[PDB]
Undergrad: 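The following entry includes testosterone; I'd like to go through it with you.
The residues of chain A that appear here are 2-326 by the PDB entry count, in order. For ligands, and for the atoms within them, numbers begin at 1 and follow the listed sequence.
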Amino acid sequence: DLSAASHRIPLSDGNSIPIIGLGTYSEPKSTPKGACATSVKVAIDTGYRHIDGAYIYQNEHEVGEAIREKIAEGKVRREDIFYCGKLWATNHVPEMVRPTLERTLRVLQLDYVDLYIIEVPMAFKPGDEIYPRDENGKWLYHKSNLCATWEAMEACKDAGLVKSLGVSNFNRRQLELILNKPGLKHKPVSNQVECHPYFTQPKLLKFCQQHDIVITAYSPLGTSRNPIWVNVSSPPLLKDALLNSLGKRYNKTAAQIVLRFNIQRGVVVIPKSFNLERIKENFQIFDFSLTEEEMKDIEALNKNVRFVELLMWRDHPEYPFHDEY
Ligand SMILES: NC(=O)c1ccc[n+]([C@@H]2O[C@H](COP(=O)([O-])OP(=O)(O)OC[C@H]3O[C@@H](n4cnc5c(N)ncnc54)[C@H](OP(=O)(O)O)[C@@H]3O)[C@@H](O)[C@H]2O)c1
Ligand SMILES: C[C@]12CC[C@H]3[C@@H](CCC4=CC(=O)CC[C@@]43C)[C@@H]1CC[C@@H]2O
């Protein structure tokens, strides 16, 4: 099926998405300047045709630098590259949506993005702070209105500034709010959520499939395990015994088995690496396949326990992870 040369899958709006992309979140204070640009360049040279980014990762200008350089030298055409950008919580006021996308286009120095998604379902205080809180450390929230935010997203598509619209960290209820919208013009085509053999999202995946929504697996290797966002008492995904033993069987690493697992089930994966060797390793997933028995055994690792619980926002009206899916 999938090959290095050819591994795009269809989206419900007629576009397509490369089933592996390069994730680009990196700790801003702990990351050298230019590491993102270089990594994007190396990934494109390796064969990646999808890059996942966000203004709030603080490096979208490096993403643009790299994509633009590779287009200028003729490695790829604009049409061959799929960039996904994200609308952060402080920018959900409908009047703010298109100017926020427009800023990302200017930062990238590109005419459109391939996919633009609502980054989380919660709205925070519009400001010059990504994570607004009072001196008391209390979180500065904003009342959400996902339907009105979505309408503003639709207008960006109508204007030609984005090919496909989608969402992230949305549960079934939140998806239905959009999908049941009176006057819905553009259905979401993607939901970007945590997904990997310890959290396989079986119900949310089946629900998305019911609506022709493709899941994009963020943290598909189990995260960088920063103690701020992940419980580092949870066992590291890449130390799993089955994943390592299947790696031995195929002379592949646990990482490669995890990535192959999700793509083989039609789940897009966006592993992040800023390491040239691991960027290449993570793309070498088209020269083997897992047997159905293997696939079953890996899905069986599903703990229905997430690494990314976002516990600091659990009180927000739109907190997505109280519901079972
Ligand atoms: N929409 C959202 O809410 C959301 C939230 C979180 C993440 N995401 C997106 O999804 C991307 C992926 O997730 P993530 O960055 O959290 O995590 P991840 O991709 O699951 O894991 C990345 C961690 O794994 C290391 N790594 C990469 N390849 C490896 C390999 N072959 N073997 C061993 N270690 C490897 C990386 O270090 P090196 O760089 O040194 O290789 C990094 O520390 C993000 O960068 C972002 O684009 C979206
Ligand atoms: C992107 C983000 C900050 C970075 C977080 C991400 C959740 C997952 C996470 C796992 C880590 O180990 C590193 C930090 C990251 C990558 C958060 C979700 C919303 C917040 O803005």
Undergrad: Mind telling me which parts of the structure correspond to testosterone?
TA: ligand 2
Undergrad: Per UniProt, what is the name of the chain that shares the largest number of close contacts with testosterone?
TA: Aldo-keto reductase family 1 member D1
Undergrad: In the protein, which heavy atom is nearest to atom 12 (O) of testosterone, and how far is it?
TA: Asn227 N, 2.9 Å
Undergrad: Using a heavy-atom cut-off of 4.0 Å, which residues UniProt lists as binding NADP(+) in chain A are that close to testosterone?
TA: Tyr26, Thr224
Undergrad: Which UniProt substrate-binding positions in chain A have any non-hydrogen atom closer than 4.0 Å to testosterone?
TA: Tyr26, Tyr58, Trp89, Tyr132, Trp230
Undergrad: Can you tell which part of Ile229 has a heavy atom less than 4.0 Å from testosterone: side chain, backbone, both or neither?
TA: neither
Undergrad: Is the contact between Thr224 and testosterone made by the side chain, the backbone, both, or neither, using heavy atoms and a 4.0 Å cut-off?
TA: side chain
Undergrad: Any idea which atoms of testosterone are less than 4.0 Å away from a heavy-atom of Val231?
TA: 12 (O)
Undergrad: Tell me, which protein residue and heavy-atom name are nearest atom 18 (C) of testosterone, and how many Å apart are they?
TA: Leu311 CD1, 4.3 Å
Undergrad: Identify the protein heavy atom lying closest to atom 11 (C) of testosterone, giving its residue, its atom name and the separation to 0.1 Å.
TA: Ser225 OG, 3.6 Å
Undergrad: Would you mind checking which non-hydrogen protein atom is closest to atom 7 (C) of testosterone, with the distance to 0.1 Å?
TA: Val309 CG1, 3.6 Å
Undergrad: Considering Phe308, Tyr132, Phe125, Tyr58 one by one, which has a heavy atom nearer to atom 3 (C) of testosterone than any of the others?
TA: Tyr132
Undergrad: Mind checking whether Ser220 has a heavy atom under 4.0 Å from testosterone?
TA: no
Undergrad: Does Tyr219 have a heavy atom less than 4.0 Å from any atom of testosterone?
TA: no
Undergrad: Which testosterone atoms does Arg226 reach within 4.0 Å, using its non-hydrogen atoms?
TA: 12 (O)
Undergrad: Name the option, out of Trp230, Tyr26, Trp314, that contains the heavy atom nearest to atom 17 (C) of testosterone.
TA: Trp230
Undergrad: Which atoms from testosterone have a heavy atom of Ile57 less than 4.0 Å away?
TA: 21 (O)
Undergrad: Got a sec? Which UniProt active-site residue of chain A is nearest to testosterone, and what's the heavy-atom distance to 1 Å?
TA: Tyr58, 4 Å
Undergrad: Record the part of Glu120 in heavy-atom contact with testosterone below 4.0 Å; permitted values are side chain, backbone, both and neither.
TA: neither
Undergrad: Report the binding site of testosterone using a heavy-atom cut-off of 4.0 Å.
TA: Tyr26, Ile57, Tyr58, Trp89, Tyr132, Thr224, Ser225, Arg226, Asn227, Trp230, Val231, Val309
Undergrad: What are the distances between nitrogen or oxygen atoms of testosterone and protein nitrogen or oxygen atoms, counting only those under 3.5 Å?
TA:
{"residue": "testosterone", "atom": "12 (O)", "partner": "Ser225", "partner atom": "OG", "Å": "3.2"}
{"residue": "testosterone", "atom": "12 (O)", "partner": "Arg226", "partner atom": "N", "Å": "3.3"}
{"residue": "testosterone", "atom": "12 (O)", "partner": "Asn227", "partner atom": "N", "Å": "2.9"}
{"residue": "testosterone", "atom": "21 (O)", "partner": "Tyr132", "partner atom": "OH", "Å": "3.1"}

